[PDB]
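Looking at a structure with beta-glycyrrhetinic acid today.
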Amino acid sequence: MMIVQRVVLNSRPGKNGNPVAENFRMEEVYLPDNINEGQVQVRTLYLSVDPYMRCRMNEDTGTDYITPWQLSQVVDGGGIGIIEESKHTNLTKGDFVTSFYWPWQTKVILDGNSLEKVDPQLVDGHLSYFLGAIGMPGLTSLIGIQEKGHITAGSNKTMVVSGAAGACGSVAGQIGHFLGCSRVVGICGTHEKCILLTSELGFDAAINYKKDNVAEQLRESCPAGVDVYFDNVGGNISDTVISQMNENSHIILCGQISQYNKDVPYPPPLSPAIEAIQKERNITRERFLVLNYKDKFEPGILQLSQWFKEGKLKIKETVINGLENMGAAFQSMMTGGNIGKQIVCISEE
Ligand SMILES: NC(=O)c1ccc[n+]([C@@H]2O[C@H](COP(=O)([O-])OP(=O)(O)OC[C@H]3O[C@@H](n4cnc5c(N)ncnc54)[C@H](OP(=O)(O)O)[C@@H]3O)[C@@H](O)[C@H]2O)c1
Ligand SMILES: CC1(C)[C@@H](O)CC[C@]2(C)[C@H]3C(=O)C=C4[C@@H]5C[C@@](C)(C(=O)O)CC[C@]5(C)CC[C@@]4(C)[C@]3(C)CC[C@@H]12
Ligand SMILES: CC1(C)[C@@H](O)CC[C@]2(C)[C@H]3C(=O)C=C4[C@@H]5C[C@@](C)(C(=O)O)CC[C@]5(C)CC[C@@]4(C)[C@]3(C)CC[C@@H]12
């Protein structure tokens with residue numbers, strides 16, 4: 001047996017705690033030399049870290065959609081790899097495959113049925129895009145806008161995006177323009193990200209919530225109010241945005257990342273004053289869970305791919321190398337170190 005590396009849950013930060021690199025631990029383990037019928041041996045190429053993983057660090061995730069990781073057991077999440085050996089009828093050495101529950105380990109023996117083969121032509125050979133813009137975050141943005149945004153044919157709406165330089169947000173803002181908004185404004189956490197948005201991703205304006213006057217800048221950059229809010233963050237930021245939203249406007253309630261490490265359920269309740277405004281102005285604020293639109297994954301991926309290949313959709317990512325950096329990458333992402341999709345490259349081939 002050859003020795004490979006893997007990552008296990010070392011400790012929990014507590015439901016009110018901050019995640020740190022050291023909640024995870026690297027181990028060296030043997031990889032079995034033989035696989036069974038129906039199984040494949042895969043080499044891991046890229047792994048995703050994503051905010052929802054914070055929940056799997058707790059004893060109770062707070063939702064049936066994801067289960068808690070267990071102390072000292074291998075952790076898992078979105079991944080992409082290449083088949084090294086197959087005893088599954090529909091997979092063959094050299095196929096590129098993805099799983100939602102890829103164990104954080106350099107080489108893995110997996111049930112062939114748990115994997116999906118992917119076509120690298122969809123991403124011009126940039127396989128890591130399958131974990132981001134031409135993956136679940138991209139679908140979340142495209143489907144969320146389609147289903148919850150109500151961007152009418154021929155209209156000239158203003159869209160605001162929170163978490164605007166992250167995975168979902170950076171795509172959402174571009175899609176807002178693609179699909180007919182005349183104004184797209186992003187809110188994000190650094191001046192570097194503001195520049196990215198307006199100089200590369202085509203946002204009409206960007207606001208740094210840590211340093212700028214958010215209400216003031218939204219009044220300046222959204223002179224006709226806000227019709228569509230793609231909300232990744234919640235909290236104080238969303239209160240400020242909602243206060244400037246128009247009658248019959250729409251909140252795409254993607255995530256509420258500002259309410260993490262507090263024991264706060266989703267959808268989190270708007271404060272009394274902000275709920276009053278929401279209701280007065282008939283602002284819609286429904287649950288949105290991308291998995292409820294599985295039937296749109298095919299056209300969604302096909303559209304994301306097309307826009308990318310056309311040079312319209314600009315795909316940003318921040319890649320860190322080495323499985324030993326999974327914990328660091330997750331912590332970094334949670335605290336805003338990522339521009340676009342946070343990726344960890346496990347083998348650079
Ligand atoms: N509804 C769905 O089906 C669905 C699907 C996928 C993801 N999501 C959710 O959508 C959200 C975005 O996920 P993502 O994958 O696109 O992550 P991401 O935006 O790429 O990364 C998270 C970012 O959140 C920002 N942030 C962190 N703490 C914050 C705070 N307290 N206040 C404001 N901003 C903060 C940081 O950027 P700054 O530098 O700008 O602070 C960080 O880079 C998360 O809530 C995620 O769980 C929902
Ligand atoms: C996991 C995510 C979100 C992504 O991270 C990687 C790509 C992918 C795994 C993706 C894929 O790779 C191939 C197909 C196929 C494309 C197509 C056109 C075909 O090739 O027949 C039609 C059938 C089929 C199954 C539709 C569904 C998708 C788009 C499928 C599985 C949706 C889920 C998707
Ligand atoms: C496909 C699976 C099963 C998983 O394989 C990948 C992540 C994910 C796509 C996952 C996600 O990515 C982000 C969230 C959010 C996390 C959280 C805490 C927030 O961020 O506000 C609360 C709101 C919200 C939408 C709850 C639902 C989940 C857990 C959501 C969509 C459930 C479905 C889930």
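Position 1 is the first residue of the sequence; numbering continues from there. Whatever order the structure lists them in is the order used to number ligands and atoms, beginning at 1. According to its header, this structure was worked out by X-ray crystallography, 2.0 Å.
- In this structure, the ligands or chains belonging to beta-glycyrrhetinic acid are ligands 2 and 3.
- Short version: main partner of beta-glycyrrhetinic acid (ligand 3), named per UniProt, is Prostaglandin reductase 2.
- The protein reaches atom 23 (C) of beta-glycyrrhetinic acid (ligand 3) closely, with a heavy atom under 4.0 angstrom from it.
- Listed by number with element, the atoms of beta-glycyrrhetinic acid (ligand 3) under 4.0 angstrom from any heavy atom of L291 are 1 (C).
- Between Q256 and beta-glycyrrhetinic acid (ligand 3), at least one pair of N/O atoms sits closer than 3.5 Å.
- Of the residues that UniProt lists as binding substrate in chain A, those with a heavy atom under 4.0 Å from beta-glycyrrhetinic acid (ligand 3) are: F100, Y101, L289, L291.
- The protein reaches atom 13 (C) of beta-glycyrrhetinic acid (ligand 3) closely, with a heavy atom under 4.0 angstrom from it.
- Contact analysis puts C254 in contact with beta-glycyrrhetinic acid (ligand 3), with a non-hydrogen atom separation below 4.0 angstrom.
- Nearest protein heavy-atom contact of atom 5 (O) of beta-glycyrrhetinic acid (ligand 3) is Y101 OH, 2.9 Å.
- The distance from beta-glycyrrhetinic acid (ligand 3) to the heavy atoms of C55 drops below 4.0 Å at these ligand atoms: 18 (C).
- Interface atoms of beta-glycyrrhetinic acid (ligand 3) facing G255, defined by a heavy-atom separation under 4.0 Å, are 21 (O).
- The single protein non-hydrogen atom nearest to atom 9 (C) of beta-glycyrrhetinic acid (ligand 3) is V290 CG1, 4.0 Å, given as residue, atom name and distance.
- The organism reported in the entry as the source of chain A is Homo sapiens.
- Protein heavy atoms are found less than 4.0 angstrom from atom 7 (C) of beta-glycyrrhetinic acid (ligand 3).
- Backbone and side-chain nitrogen or oxygen atoms of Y260 are examined, and one is located within less than 3.5 angstrom of a nitrogen or oxygen of beta-glycyrrhetinic acid (ligand 3).
- Proximity of atom 30 (C) of beta-glycyrrhetinic acid (ligand 3) to the protein is not indicated, since no non-hydrogen protein atom lies closer than 4.0 angstrom.
- Distances below 4.0 Å separate heavy atoms of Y65 from the following atoms of beta-glycyrrhetinic acid (ligand 3): 3 (C), 32 (C).
- Considering backbone and side-chain N/O atoms, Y52 never comes within less than 3.5 Å of an N/O atom of beta-glycyrrhetinic acid (ligand 3).
- Within 4.0 Å of beta-glycyrrhetinic acid (ligand 3), counting heavy atoms, one finds these UniProt NADP(+)-binding residues of chain A: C254, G255, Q256, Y260, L289.
- Site of beta-glycyrrhetinic acid (ligand 3) with heavy atoms closer than 4.0 Å: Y52, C55, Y65, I66, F100, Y101, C254, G255, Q256, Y260, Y266, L289, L291.
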